[PDB]
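The structure described below contains dactinomycin.
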Amino acid sequence: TXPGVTXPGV
DNA sequence: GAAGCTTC
DNA sequence: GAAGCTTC
């Protein structure tokens with residue numbers, strides 16, 4: 001997730 | 001080490 | 001199997 005905590009996604 | 005799910 | 005990097 002994020003970043004941080006990508007997306008999700010990407 | 002945990003923290004981090006939603007896509008292609 | 002690849003695709004997403006940054007936080008705590």
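Residue numbers begin at 1 in each chain, while the letters A, B, ... track the order of the sequences. Values below: all heavy atoms of this structure, side chains included; hydrogens, waters and symmetry mates excluded. Modified residues: written as parent or X. Their additional atoms: not counted in contacts.
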Can you list every ligand or chain that belongs to dactinomycin?
-> chain A
Which other chains have a heavy atom under 4.5 Å from dactinomycin?
-> B, C
